[PDB]
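Here's FK506-binding protein 1 with tacrolimus bound to it.
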Amino acid sequence: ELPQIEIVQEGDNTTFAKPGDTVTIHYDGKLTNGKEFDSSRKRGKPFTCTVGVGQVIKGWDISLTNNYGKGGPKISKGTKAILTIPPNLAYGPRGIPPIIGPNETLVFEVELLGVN
Amino acid sequence: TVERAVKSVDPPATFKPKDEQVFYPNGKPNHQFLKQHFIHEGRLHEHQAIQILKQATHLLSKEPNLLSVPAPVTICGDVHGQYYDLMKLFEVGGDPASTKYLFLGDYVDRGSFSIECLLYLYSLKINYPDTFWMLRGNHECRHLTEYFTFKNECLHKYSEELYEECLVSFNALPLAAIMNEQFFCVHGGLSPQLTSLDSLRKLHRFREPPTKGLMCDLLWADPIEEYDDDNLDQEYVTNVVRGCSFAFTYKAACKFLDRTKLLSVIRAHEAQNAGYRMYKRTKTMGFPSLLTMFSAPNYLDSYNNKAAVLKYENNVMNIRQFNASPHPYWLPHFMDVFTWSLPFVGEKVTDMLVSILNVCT
Amino acid sequence: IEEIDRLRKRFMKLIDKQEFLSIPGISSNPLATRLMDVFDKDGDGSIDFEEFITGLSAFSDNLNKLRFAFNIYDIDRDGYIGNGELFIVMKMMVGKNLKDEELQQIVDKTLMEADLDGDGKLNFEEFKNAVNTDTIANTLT
Ligand SMILES: C=CC[C@@H]1/C=C(\C)C[C@H](C)C[C@H](OC)[C@H]2O[C@@](O)(C(=O)C(=O)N3CCCC[C@H]3C(=O)O[C@H](/C(C)=C/[C@@H]3CC[C@@H](O)[C@H](OC)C3)[C@H](C)[C@@H](O)CC1=O)[C@H](C)C[C@@H]2OC
Ligand SMILES: [Ca+2]
Ligand SMILES: [Ca+2]
Ligand SMILES: [Ca+2]
Ligand SMILES: [Fe+3]
Ligand SMILES: [Zn+2]
């Protein structure tokens, strides 16, 4: 099981995130019906994390590190993308209430602003 | 530990003012109190807020579908619960004690202070019913408030009963206005079914907006993107962007204005970097055929757009712009910090409790 | 009783605050110190074998699970969650994702929603009313 990645605009094609790197991202998250559940851009602080270590949902690790080198679409710095993430790679049947319901598929519109 | 770690931050006002503060002795809401109280994120007792909803519904339900608004008047576009920009708007537009107002709808959704915007605007309406007017926008209905933020807001801050009472007040909002016998004012725009002004006068409006038809179009219509180019012969085209209703052309506006003997159409509904936008001028009299107002600066905390209101008098359109003002922070979905952090607490603690457990084969 | 002897050999292979972070993964955990303190019931800086078993034993009725979640926020062990305590513990998990003004404002509004008696802090009763009693006990296992 993998997440679906659709490249909206591309970046440098050179700077790809690898496991253990940090990234900086502006994301809007919404459900398949379009209802938005969060946006970093509205909060004014870009999200920063360490990818590939399980410090985020599995869909983000797989998307940002190219499934740790075993694809089946890479994301470079400056790429604006859309990640469609199935519930098993997100918040499963439990969900994060009240912000994410059960068995929900998540669609993140991410812009990779920086790596390291 | 018991003191506040960030003392430069003002704390919220009380969630329970006394009746004698929220209402004047005559029983009308004390809008000067509510203005300051909402600036400091105070809340009302639910029964007080329902009382304000019920008095506004009573006044609104007696007004006609199509208001008559005399000049001079300040006309305002969308607010979307941006209460701290609404404070600035009144500074720019004039004191409601001596300034006529016409709002074009979209009071709620997206900003985290929709119920403050709505209760405050209604308390002005109640105290100034002959000089203060509010149209319905497309967000003042059940479908959109369910889909966006306003229902989650009422349920968090108050209850579903209050949410239902707001819906009753939305269904009572007038649809449009003739301003100074010169302008058609509406939230969205024109309609293929807007044959005469009577078509609008005959509507039964106390309802959720229909999927299609006149009432939907007034709330949902846009001009076509190429409106100024004036290169379409049709009047109306399917509004794919909105996914309902129509986009209308320069030709539709001009034929409508000629029919109804009006100068221009003033509407809102679309964000404007400059706060307003004047479209192609009328071949009949030279006024703008269309004007879009938008009163929500730095829309959604990300657009960095200016806002504008329209101060109309002496056949003059004084456009007054303003920038965004700071506002307090709310988590998405109005979560408290326990709802927000407890899933992560459990993950982080458990992880340690499993490492401690797995130390032995 | 077989499991009670099982924790003795886990504990023996493992407690000081320096010894505690040695456990794999605890070094990078933002709640490492908060978890240490809650298990450290007498506030002497190390975890007893009695505190080890007792604190684990809540992961019993659902009441011990609610009590533990409360104690993660109640730093000084005084039985109330103070405004500043809530800010400090949230700051351990929120990182640079909120500005301090933003964090303080939603700390303020949380307590004003959950503070029934008016004192400005949260006793255990007000905490239990403000959270999902079920979601909490289910997470702990
Ligand atoms: C002190 C507060 C807690 C702490 C909160 C922050 C640092 C603020 C940070 C910007 C989160 C946002 O808060 C505004 C908000 O972001 C969302 O809206 C969102 O877009 C999202 O899905 N993101 C965030 C961006 C990366 C992917 C994903 C995520 O991996 O998020 C991670 C996540 C929730 C993992 C869960 C943890 C619980 C487990 O049970 C579950 O296991 C399956 C996995 C986040 C980073 C956690 O590591 C950290 C926290 O939770 C969530 C829908 C809900 C989440 O608020 C909680
Ligand atoms: Ca001890
Ligand atoms: Ca305390
Ligand atoms: Ca209390
Ligand atoms: Fe709008
Ligand atoms: Zn609109």
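Chains: A, B, ... assigned top-down by sequence line. By the numbers in the PDB entry, the shown part of chain A spans 4-75, 79-122. Following the PDB entry, chain B residues are numbered 62-422, in order. By the numbers in the PDB entry, the shown part of chain C spans 19-32, 40-84, 88-169. Start at 1 and go down the list; that is how both ligands and their atoms are numbered. The figures here come from the full heavy-atom set of this structure, side chains too, leaving out hydrogens, waters and symmetry mates.
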Checklist entry - Where do all copies of tacrolimus show up in the model? => result ligand 1
Next on the checklist: Could you give me the letters of the other chains with a heavy atom under 4.0 Å from tacrolimus? Thanks!
Outcome noted: A, B, C
Checklist entry - Per UniProt domain annotation, where in chain A do most residues contacting tacrolimus sit? => result PPIase FKBP-type
Checklist entry - What organism is listed under source for chain A in the PDB header? => result Candida albicans (strain SC5314 / ATCC MYA-2876)
Item to check | Ligand-residue contact atoms, tacrolimus with B/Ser402, heavy atoms, under 4.0 Å | outcome: 1 (C), 2 (C)
Checklist entry - Is C/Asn125 close to tacrolimus, meaning an N/O of one under 3.5 Å from an N/O of the other? => result no
Item to check | Under 4.0 Å to a heavy atom of A/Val59 - the qualifying atoms of tacrolimus, by number | outcome: 30 (O)
Next on the checklist: Residue-level breakdown please: for C/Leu126 versus tacrolimus, do any non-hydrogen atoms fall below 4.0 Å on the side chain, on the backbone, on both, or on neither?
Outcome noted: neither
Item to check | B/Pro404: numbered tacrolimus atoms lying under 4.0 Å from its heavy atoms | outcome: 38 (C), 40 (O)
Checklist entry - Looking only at heavy atoms, is any part of A/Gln58 under 4.0 Å from tacrolimus, and if so is it the side chain, the backbone, or both, or is it neither? => result backbone
Item to check | Atoms of tacrolimus close to C/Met118 [distance to a heavy atom under 4.0 angstrom, numbered from 1] | outcome: 1 (C)
Checklist entry - So between B/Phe405, A/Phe114, B/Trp401, A/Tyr97, whose heavy atom ends up nearest atom 36 (C) of tacrolimus? => result A/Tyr97
Item to check | Ligand-side contact atoms (tacrolimus) for residue partner A/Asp41, heavy atom cut-off under 4.0 Å | outcome: 12 (C), 14 (C), 15 (C), 16 (O), 17 (C), 18 (O), 19 (C), 20 (O)
Item to check | Test item, A/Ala96 contacting tacrolimus (heavy atom, 4.0 angstrom) | outcome: yes
Checklist entry - What do we get for B/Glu408 next to tacrolimus when only non-hydrogen atoms under 4.0 Å count, side chain, backbone, both or neither? => result side chain
Checklist entry - With a 4.0 Å cut-off on heavy atoms, does C/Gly123 reach tacrolimus? => result no
Checklist entry - Under 3.5 Å, N or O to N or O, is C/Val122 touching tacrolimus that way? => result no
Next on the checklist: Curious: how does the deposit label chain B?
Outcome noted: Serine/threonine-protein phosphatase
Item to check | 4.0 Å heavy-atom contact, A/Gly32 with tacrolimus | outcome: no
Next on the checklist: Distance under 4.0 Å to a non-hydrogen atom of A/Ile60: what atoms of tacrolimus satisfy this?
Outcome noted: 27 (C), 28 (C), 30 (O)
Checklist entry - Which of the numbered atoms in tacrolimus are below 4.0 angstrom from a heavy atom of A/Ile106? => result 53 (C)
Next on the checklist: Could you walk me through which residues contact tacrolimus, taking a 4.0 Å heavy-atom cut-off?
Outcome noted: A/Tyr30, A/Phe40, A/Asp41, A/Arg46, A/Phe50, A/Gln58, A/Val59, A/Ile60, A/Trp63, A/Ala96, A/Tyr97, A/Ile106, A/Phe114, B/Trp401, B/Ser402, B/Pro404, B/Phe405, B/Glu408, C/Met118, C/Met121, C/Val122, C/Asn125
